[PDB]
Asker: 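Hi! Got a PDB file here: liothyronine bound to Ketimine reductase mu-crystallin.
Chain letters follow the order of the sequence lines: the first is A, the second B, and so on. Sequence positions for chain A are given in the PDB entry numbering; the residues included correspond to 2-81, 89-312, in order. Note that chain B carries the PDB entry numbering, so the residues on display, from first to last, are 2-81, 90-312. Every number for a ligand or one of its atoms is a count from 1 in the order of the listing.
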Amino acid sequence: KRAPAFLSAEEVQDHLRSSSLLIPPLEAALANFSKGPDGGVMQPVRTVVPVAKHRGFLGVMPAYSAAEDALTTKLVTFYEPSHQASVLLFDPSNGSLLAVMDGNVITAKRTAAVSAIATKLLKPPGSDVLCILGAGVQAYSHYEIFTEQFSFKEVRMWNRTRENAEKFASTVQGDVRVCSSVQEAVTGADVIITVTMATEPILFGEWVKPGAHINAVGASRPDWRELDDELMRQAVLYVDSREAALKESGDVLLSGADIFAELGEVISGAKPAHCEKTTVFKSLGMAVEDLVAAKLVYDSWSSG
Amino acid sequence: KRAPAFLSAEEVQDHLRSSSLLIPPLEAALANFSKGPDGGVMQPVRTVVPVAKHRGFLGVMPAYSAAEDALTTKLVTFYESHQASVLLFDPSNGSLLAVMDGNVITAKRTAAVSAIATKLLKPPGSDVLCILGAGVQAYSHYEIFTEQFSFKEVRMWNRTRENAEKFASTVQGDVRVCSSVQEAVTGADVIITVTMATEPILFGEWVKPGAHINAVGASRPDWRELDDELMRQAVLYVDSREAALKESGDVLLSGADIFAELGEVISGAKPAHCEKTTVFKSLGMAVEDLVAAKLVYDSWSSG
Ligand SMILES: NC(=O)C1=CN([C@@H]2O[C@H](COP(=O)(O)OP(=O)(O)OC[C@H]3O[C@@H](n4cnc5c(N)ncnc54)[C@H](OP(=O)(O)O)[C@@H]3O)[C@@H](O)[C@H]2O)C=CC1
Ligand SMILES: NC(=O)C1=CN([C@@H]2O[C@H](COP(=O)(O)OP(=O)(O)OC[C@H]3O[C@@H](n4cnc5c(N)ncnc54)[C@H](OP(=O)(O)O)[C@@H]3O)[C@@H](O)[C@H]2O)C=CC1
Ligand SMILES: N[C@@H](Cc1cc(I)c(Oc2ccc(O)c(I)c2)c(I)c1)C(=O)O
Ligand SMILES: N[C@@H](Cc1cc(I)c(Oc2ccc(O)c(I)c2)c(I)c1)C(=O)O
Ligand SMILES: [K+]
Ligand SMILES: [K+]
């Protein structure tokens, strides 16, 4: 038995600079995962252990991928540096723990990448306007990859605290139009990203342009929601994992919306991408996404 | 973020030298676990992820203890070799404080819980100890049992006789190596089964009435160390009912009824029927690793 490598957030960052290297293996993983028993992924739905005394939670997210031949576990905490994560990478041939690495950078990057994959498939024709609700870590990681991958004529932002949206707009490279309400930000928007910690709906279907695509990334708890019933039930609903969406997403559970497809099914050709219709991609994240990122990082680090 | 501490196997051993210090917090943890919600332990049943391509398995064992105010996760692999690591978090903010070897922790806490069960359940006049198996668990059980108890004779059987002789010459006191399980258990007051046998090796017919058995091996729903006569005739104690019903082939395949959790005995909710033949079926649970990891981390961080 020997000690694992430790890779800091900076070291992870140094080995995850290129979305063109992250997107392809994510697409493959989503597809393989959605094949279920016809693929090679073993991923139990995330386990959450409450830490009631301190208003905290520990998420446990193991996965094995036969196709990548990779074995990982992400451990994530949230306390009401509030979000923290670590990823463990094992030698799949003998179980040895090879690496413990920061999970924060990975969470930022793989989440944004999965949203970008969904948007490539689901954005309507004439997607000129992007709208981001929220101004935190995920707002930044999404903005980064979306402006790399796509060309929008306008990017808009609303945030609960306007000052933080204005800081965002000052910090990032391109022009961001800070809006005074959600309604203003989303009216006329073709692609929407919701990356907030809202617990009750902030985005109402009445305001959404027919055909818009929404990446619904927040409200990551079964009692929490970012979207109203009109939007959840009017939109064609795509998810990352059916099992996770029906356990963890308040938007899905409380609206009672039918799930049309997993993103992986669209990628593999099993289900259609109805980009012309108003679409919601409800994202929860899942262990195999962390596995893909951790493997990329580890392979890059270990090869020099 | 601050880098976590990494504690190797030898550093863990260096900070778990005293069973005297490990037993009391384990007793409290077992009692609190068995109290259920009001005991403050959050411990989901072990998740096992198969790695079929390499004939392996990953088990993930998280726990929170309100009483100790500690948050851990053990990750263990078994490949058809067992390797474990324990992560210890700051419970107030989720920061990863330590990554430590899990093999030494597992060896120590398992032996300690067997010792707790044995203190409660060994028959009056217990003079003879028998160990079946001769691997890591045999060593840890031997160390703590000869420290906590006073046996007049210790016997051992192992499938491979050479490894039992190596054990007998390696450990401090006298060990009588026996050529069969039956020989080793005949007349024994306390028995420890620490093998990877998949089919029964220990038959109730051979067990002295009143004997206490710590059944530590066959840690899979399709594996067994004990026969039906022993499992059905003995008073059956476990660490976790839920885990025993999911993970133990001895319990599942025999159809035996579980009398009590060890924690219920400790708290007084269930009696210790030490006069009867008793089996403590140990699966292990996350809160035991939590106790040991906290003791280790606290000792190490103190200097
Ligand atoms: N689908 C997935 O895979 C992943 C999901 N997430 C989820 O994404 C969301 C954003 O995460 P992250 O960027 O790291 O978090 P951050 O803490 O960095 O930012 C949180 C954002 O939510 C806003 N906010 C907090 N409370 C409310 C509220 N009551 N109403 C409206 N906005 C609010 C904040 O605004 P303000 O400036 O006013 O404080 C801020 O813009 C979270 O819900 C998170 O759980 C994260 C990663 C994985
Ligand atoms: N209840 C709990 O909390 C814990 C449970 N365990 C379980 O305890 C047992 C021992 O673990 P450990 O000491 O680490 O393992 P080791 O690998 O160190 O030793 C294995 C032992 O099992 C024997 N053995 C292997 N196959 C058979 C067989 N078919 N029949 C009879 N004996 C056999 C070996 O004998 P030989 O020399 O001939 O190979 C050896 O004595 C295992 O079953 C393990 O899963 C351990 C961790 C915690
Ligand atoms: N959503 C991000 C960050 C995040 C992680 C965790 I653990 C969180 O706590 C809970 C609490 C109860 C639950 O039932 C669930 I599901 C999650 C929250 I709120 C957010 C991620 O997945 O990393
Ligand atoms: N018993 C020791 C070591 C150990 C750990 C693991 I993961 C093992 O593999 C499986 C495979 C399928 C299962 O259903 C179960 I339950 C366990 C085995 I065999 C042994 C411990 O608990 O650490
Ligand atoms: K659309
Ligand atoms: K007894």
Asker: Specify every chain or ligand assigned to liothyronine.
Answerer: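 The answer, copies included, is ligands 3 and 4.
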Asker: Help me out: which other chains have any heavy atom nearer than 4.0 Å to liothyronine (ligand 4)?
Answerer: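 Heavy atoms that close belong to B.
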Asker: With atom 23 (O) of liothyronine (ligand 4) as the reference point, say which of B/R47, B/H91, B/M294, B/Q146 has the nearest heavy atom.
Answerer: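 Answer by nearest heavy atom: B/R47.
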Asker: Pull out every atom of liothyronine (ligand 4) sitting under 4.0 Å from any heavy atom of B/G60, numbered as shown with elements.
Answerer: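 Result: 7 (I).
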Asker: Which residue and non-hydrogen atom of the protein lie closest to atom 13 (C) of liothyronine (ligand 4), and at what distance in Å?
Answerer: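 Answer for atom 13 (C) of liothyronine (ligand 4): B/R229 CG, 3.7 Å.
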Asker: B/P230: heavy atom below 4.0 Å from liothyronine (ligand 4), yes or no?
Answerer: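 Right, B/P230 reaches liothyronine (ligand 4).
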Asker: Applying a heavy-atom cut-off of 4.0 Å, say which part of B/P51 lies close to liothyronine (ligand 4): side chain, backbone, both or neither.
Answerer: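 B/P51 to liothyronine (ligand 4): no contact under 4.0 Å from either part.
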Asker: What are the atoms of liothyronine (ligand 4), with element, lying closer than 4.0 Å to any heavy atom of B/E256?
Answerer: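 It comes down to these atoms of liothyronine (ligand 4): 16 (I).
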Asker: Can you sort out which atoms of liothyronine (ligand 4) are near B/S228, meaning under 4.0 Å from one of its heavy atoms?
Answerer: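 Result: 1 (N), 15 (C), 16 (I), 17 (C), 20 (C).
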Asker: In the protein, which heavy atom is nearest to atom 8 (C) of liothyronine (ligand 4), and how far is it?
Answerer: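 Sorting protein heavy atoms by distance from atom 8 (C) of liothyronine (ligand 4) puts B/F79 CB, 3.3 Å first.
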